[PDB]
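Notes on a structure featuring Taxol.
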Amino acid sequence: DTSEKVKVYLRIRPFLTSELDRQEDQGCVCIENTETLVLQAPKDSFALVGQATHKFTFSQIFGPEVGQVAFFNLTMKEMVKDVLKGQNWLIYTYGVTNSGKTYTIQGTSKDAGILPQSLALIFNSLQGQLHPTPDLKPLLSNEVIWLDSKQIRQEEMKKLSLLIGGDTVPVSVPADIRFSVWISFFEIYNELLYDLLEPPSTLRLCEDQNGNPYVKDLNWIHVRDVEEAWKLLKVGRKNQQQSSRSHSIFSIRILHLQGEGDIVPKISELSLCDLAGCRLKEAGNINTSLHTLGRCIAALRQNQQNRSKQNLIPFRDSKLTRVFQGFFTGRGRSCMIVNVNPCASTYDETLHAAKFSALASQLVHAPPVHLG
Amino acid sequence: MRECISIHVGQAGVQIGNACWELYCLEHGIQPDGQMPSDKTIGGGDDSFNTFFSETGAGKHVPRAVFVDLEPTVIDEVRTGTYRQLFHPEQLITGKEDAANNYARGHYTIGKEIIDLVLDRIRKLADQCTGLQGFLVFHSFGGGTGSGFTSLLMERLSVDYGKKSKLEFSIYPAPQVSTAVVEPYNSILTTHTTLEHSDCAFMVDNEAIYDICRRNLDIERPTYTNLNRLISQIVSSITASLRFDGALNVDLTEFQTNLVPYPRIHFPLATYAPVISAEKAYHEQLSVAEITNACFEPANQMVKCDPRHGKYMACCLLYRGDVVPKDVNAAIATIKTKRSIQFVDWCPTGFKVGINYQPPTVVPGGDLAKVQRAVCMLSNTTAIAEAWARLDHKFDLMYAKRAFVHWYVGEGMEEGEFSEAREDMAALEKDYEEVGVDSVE
Amino acid sequence: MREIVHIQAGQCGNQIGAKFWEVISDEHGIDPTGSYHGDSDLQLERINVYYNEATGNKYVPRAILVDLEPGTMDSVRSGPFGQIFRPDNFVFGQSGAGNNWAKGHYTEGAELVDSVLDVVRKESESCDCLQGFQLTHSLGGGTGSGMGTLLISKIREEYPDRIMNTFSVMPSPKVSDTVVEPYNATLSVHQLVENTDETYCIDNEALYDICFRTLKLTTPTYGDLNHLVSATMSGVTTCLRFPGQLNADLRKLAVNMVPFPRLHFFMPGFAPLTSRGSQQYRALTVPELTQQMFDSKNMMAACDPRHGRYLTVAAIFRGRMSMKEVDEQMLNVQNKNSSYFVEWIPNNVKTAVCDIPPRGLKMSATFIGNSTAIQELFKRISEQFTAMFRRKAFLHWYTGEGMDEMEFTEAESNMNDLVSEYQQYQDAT
Ligand SMILES: CC(=O)O[C@H]1C(=O)[C@@]2(C)[C@H]([C@H](OC(=O)c3ccccc3)[C@]3(O)C[C@H](OC(=O)[C@H](O)[C@@H](NC(=O)c4ccccc4)c4ccccc4)C(C)=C1C3(C)C)[C@]1(OC(C)=O)CO[C@@H]1C[C@@H]2O
Ligand SMILES: Nc1nc2c(ncn2[C@@H]2O[C@H](COP(=O)(O)OP(=O)(O)OP(=O)(O)O)[C@@H](O)[C@H]2O)c(=O)[nH]1
Ligand SMILES: Nc1nc2c(ncn2[C@@H]2O[C@H](COP(=O)(O)OP(=O)(O)O)[C@@H](O)[C@H]2O)c(=O)[nH]1
Ligand SMILES: [Mg+2]
């Protein structure tokens with residue numbers, strides 16, 4: 001690619017009335033432009049670095065004026081197209097308390113986040129060009145399982161059990177490809193993978209034929225339309241501001257299955273990984289994973305065409321980077337969604353989050369500091 | 001009344017405590033049993049001084065000290081050694097697991113659930129004083145408890161009491177000799193503690209004391225039992241004025257006032273002149289002038305630095321034994337005459353003098369000759385900047401490649417904190433370079 | 001308190017365990033009957049590290065015998081120290097793997113692993129504060145590789161905080177009496193890289209070399225090799241049990257030795273070692289021990305360290321000594337041989353000192369190395385592995401056990417990546 005690195009995108013959460021009631025507004029978050037976020041310290045005269053201004057590069061920045069759907073329509077819809085066009089894409093998400101990441105990605109049903117809108121766009125696009133029933137499972141990005149009658153019925157029973165126990169992209173091929181769209185949802189917690197679509201009541205890793213790691217015995221669920229996917233995802237969410245304590249990975253695989261029943265058609269994968277931002281143990285593990293992840297991303301940014309050196313990407317040091325080895329390697333590509341908040345109480349965490357997750361981070365200092 | 005609570009943290013702390021309390025018991029004639037035969041012999045006086053010993057009804061004198069290790073191997077020696085019956089049973093061992101040369105474990109994870117006991121015991125000790133206070137905390141940089149738990153304890157003490165002098169006696173890493181490979185991380189991570197909380201920190205370096213022992217004491221193969229004795233001699237000399245009569249007694253407040261020009265420059269060096277072996281005790285007069293000159297010799301300093309590379313911002317001399325003001329004034333005039341000793345232009349006086357009539361004692365089985373007089377010099381200088389610079393370089397040589405970082409990150413220490421610590425150190429260095437500058441008219 | 005749960009699997013593991021328990025019971029003065037008849041009180045100060053207290057003033061080691069198949073049970077139970085072990089820990093099956101990793105991992109081992117896990121859980125529940133587990137086994141064999149890795153994985157899943165320490169015997173490159181060493185060794189290394197805190201690579205070739213050249217033995221046998229390995233393994237954990245001027249433990253060594261999570265393969269060594277007839281000619285000084293440690297011919301890993309760079313080393317000395325002499329000698333080693341140490345570590349040496357020597361010696365000391373030269377042994381195995389795998393020499397003995405061929409390829413790739421990782425740090429940078 002053209003040194004794409006990550007192409008990070010930023011959301012800035014608006015203030016809430018209860019937050020303004022407590023004078024949380026002290027100008028923590030602002031923008032020099034849509035590309036460079038500016039983070040400044042609040043005037044923390046309390047408790048008896050006047051600005052400490054930091055700048056963070058992003059592919060695009062979206063202020064409080066930009067809603068969830070406004071965010072999706074500007075950045076991620078293309079990536080959805082890019083997946084169904086024939087690519088494989090992975091959207092990381094990061095943020096801290098009050099950042100709005102759990103509302104940016106999931107959100108409500110009306111001001112839908114990136115995840116429900118990805119569901120909406122993809123499933124509405126492929127109506128009239130999908131297989132009515134399950135016929136072919138996307139186990140791997142380069143392998144599938146053809147399902148006999150009993151297997152198809154069993155998968156339908158799985159989908160119905162998960163549903164019962166508590167708009168367009170350039171792709172348009174009716175009567176040529178009976179698309180088979182399947183979804184999955186799990187989480188990495190304490191370096192253990194837990195399948196989450198299994199309704200409320202540990203997964204393993206192994207490589208494919210080309211050495212790409214994948215997760216074993218993942219409860220892939222065939223889906224017909226938007227609402228089935230959203231309901232399955234919502235039920236799976238219960239097994240996982242309110243923020244995660246684990247790295248929750250949702251994924252969708254579309255089989256471009258021609259009418260002849262082509263085995264191993266083009267498998268198009270879109271995945272989203274919501275990342276957790278001194279409960280001690282998990283916290284250390286979270287930090288450990290994030291640390292490894294940062295190194296990997298740094299390597300992935302250091303090993304672009306800007307250096308033309310590969311060095312080592314330490315993706316083997318964690319489950320999170322190992323399962324996403326294919327995207328560090330080149331079998332897929334990845335981008336980032338960062339969330340922040342202008343509240344004073346969040347500032348330090350927010351700042352750290354940007355320093356972890358921005359496309360690039362620099363110190364401005366705000367030289368007007370050193371007043372005294 | 002005048003009392004000081006001795007806190008010791010970590011193995012270096014505990015061993016220094018053993019040597020120190022041996023020296024104190026010898027000075028006050030207190031047996032290992034805590035009984036004091038001189039009480040019935042004299043029948044009066046406060047020779048069981050309250051500065052280091054609390055007296056109970058039975059005539060037993062209990063030390064005023066508490067100390068922790070998070071490793072029962074070291075404190076169990078005290079619990080079984082000759083002084084097991086001296087110390088109170090409250091020697092807080094809690095080391096079901098050690099910190100293992102890890103600042104994060106000492107500060108964030110393992111140190112929790114022990115700091116409460118230590119603070120409770122220190123509160124109980126502090127409630128027994130009707131008078132002056134000041135804590136003497138002993139530890140070692142580069143270790144576990146000495147680096148993390150010490151920071152936690154200082155942070156809690158500065159809130160619970162606040163306006164109490166907290167003297168720090170810390171083992172610093174040597175330029176070359178080191179017993180660990182993660183030493184620079186744990187050393188740098190304590191700069192925030194040593195800046196914001198400590199009121200005066202005395203650094204010593206093991207390589208310098210090895211040089212002194214090999215050269216002056218004529219000990220080919222020294223071990224920790226001698227370095228601890230020398231450090232104990234230093235600490236006894238500092239607190240001599242609180243116990244024994246003297247022509248000029250300097251308290252801790254007047255001690256800190258004349259030695260710390262600014263809030264952020266509280267890092268004096270220390271040295272002790274009459275090191276002198278037993279055989280060399282003859283053939284030398286050891287007059288006041290000789291020891292005063294010997295204190296300024298760079299080869300006799302306890303930190304591997306060179307005062308000639310910097311300027312002397314303050315100096316305090318504490319004399320013991322047969323010392324008369326006439327000779328002290330003559331020696332100080334001679335020192336001011338010499339051009340090898342450079343004083344900053346903004347400190348015209350430069351000297352604080354304290355004289356005590358109690359001559360030093362000699363530990364049985366020791367290696368220091370009995371002398372009539374002795375002197376301990378403390379000096380706030382800019383050359384100490386060197387002792388930081390080397391360490392900072394070592395830190396960088398690791399942190400550029402994130403070596404050993406994950407061992408901390410898994411313990412709840414945010415990575416960015418590392419950078420913050422180094423920044424504080426950087427600021428400190430600049431401050432010293434900004435006080436060695438001659439005034440401009 | 002800091003207790004250790006000792007586990008051992010396979011013939012090699014059980015024999016090393018027998019020699020090790022003999023040495024430890026000698027160190028603490030414990031009779032074969034389990035009673036104590038020593039002299040110094042320090043023996044009972046920290047006897048809880050290895051032994052539980054049984055009611056009759058008796059001491060029982062925390063040893064768990066994994067697949068002590070009757071051929072080895074008859075040896076251990078009827079040996080000199082057969083009666084020291086509590087019979088409930090003699091866990092074993094019948095019809096062992098027979099030099100087949102798949103049988104040791106999937107087919108036969110999965111049937112027996114439950115009993116061993118139950119015994120381990122019962123033993124661990126009795127500890128006041130467990131420090132870590134200590135495993136002894138051999139790669140390239142049968143049950144020792146398969147079940148060894150299975151137990152490592154499951155125990156580490158059960159007890160993630162605690163230190164998983166492994167003492168494993170590698171397959172020698174040349175002196176081998178088993179055809180299918182490469183497959184079992186490769187799969188075992190693939191399982192070992194991700195599931196242990198520190199692994200000590202021992203090779204029979206190096207031990208034979210030490211016995212022939214240093215001790216001047218003419219007819220060495222497996223007893224002597226176990227003697228050397230037991231001496232090392234006692235030396236490693238000496239600081240947990242006895243006081244010293246500078247203390248250390250397993251976690252302290254792990255912190256000061258593993259610069260990155262995957263670089264935890266070590267080269268053990270021990271000193272002094274010399275034949276009886278020459279012992280009168282050489283005096284024991286810290287210079288002599290330091291000279292003998294870093295001599296390339298004393299290493300037990302069968303790899304010359306000079307082909308690469310030391311990531312980091314550690315010396316654990318035992319006996320009364322001066323700290324200045326130790327520090328001077330280690331600094332001299334770093335300065336003189338600076339070409340063989342990594343530049344971007346200011347100080348590559350960890351030091352620990354215990355003041356209780358072995359029973360019959362004034363002074364002793366144990367070396368642990370960590371150098372990129374170790375990559376060599378992996379390369380050799382990989383070469384032999386591919387030399388079979390491309391021809392499918394013996395895959396039907398494995399694929400018949402419900403093992404897909406893919407499990408081989410992954411393991412091979414993993415080993416290569418490990419080698420590549422070490423090769424990153426051989427170059428000056
Ligand atoms: C009598 C005499 O002159 O020989 C000594 C001896 O010191 C020598 C020859 C010993 C002796 O060792 C050997 O000959 C040997 C042969 C094969 C493999 C290993 C050793 C000795 O066996 C070993 C034994 O060492 C001990 O007692 C240590 O405590 C040792 N004990 C055991 O290994 C042990 C063996 C059987 C039963 C119980 C304990 C030890 C070492 C490290 C950690 C713990 C314990 C000693 C003093 C001797 C003999 C007996 C000949 C040496 O061994 C050790 C490990 O110290 C070989 O060179 C070293 C040091 C000496 O040169
Ligand atoms: N001068 C002097 N230094 C000592 C003494 N004992 C230990 N040290 C120093 O302590 C430093 C490392 O501290 P540690 O051995 O880790 O002991 P610690 O500081 O309590 O940390 P822990 O390992 O958790 O106990 C080394 O650099 C030693 O030189 C001593 O008796 N005298
Ligand atoms: N050091 C040592 N190695 C041994 C001993 N006995 C066997 N071995 C090695 O162990 C390997 C055989 O492994 P084995 O114990 O049979 O595996 P198992 O079948 O699962 O028990 C061979 O390569 C031998 O070199 C011993 O007493 N000492
Ligand atoms: Mg310790």
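In what follows, chains carry the letters A, B, and so on, assigned in the order in which the sequence lines appear, proteins first and then strands, with residues in each chain numbered from 1. In each ligand, atom 1 is the first atom listed, and ligand 1 is the first ligand listed. The analysis underlying the following values was restricted to heavy atoms, covering all of them including side chains, and did not include hydrogens, waters or symmetry mates.
In the structure shown, the parts corresponding to Taxol are ligand 1. The largest share of close contacts with Taxol (ligand 1) comes from the chain named in the PDB entry as Tubulin beta-2B chain. In contact with Taxol (ligand 1) at heavy-atom distances under 4.0 Å, by letter: C. Counting heavy atoms under 4.0 Å, the binding site of Taxol (ligand 1) comprises C:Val23, C:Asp26, C:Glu27, C:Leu215, C:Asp224, C:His227, C:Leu228, C:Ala231, C:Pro272, C:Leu273, C:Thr274, C:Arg276, C:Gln279, C:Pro358, C:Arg359, C:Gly360, C:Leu361. Within the structure, no other ligand or ion under 4.0 Å from Taxol (ligand 1) is listed.
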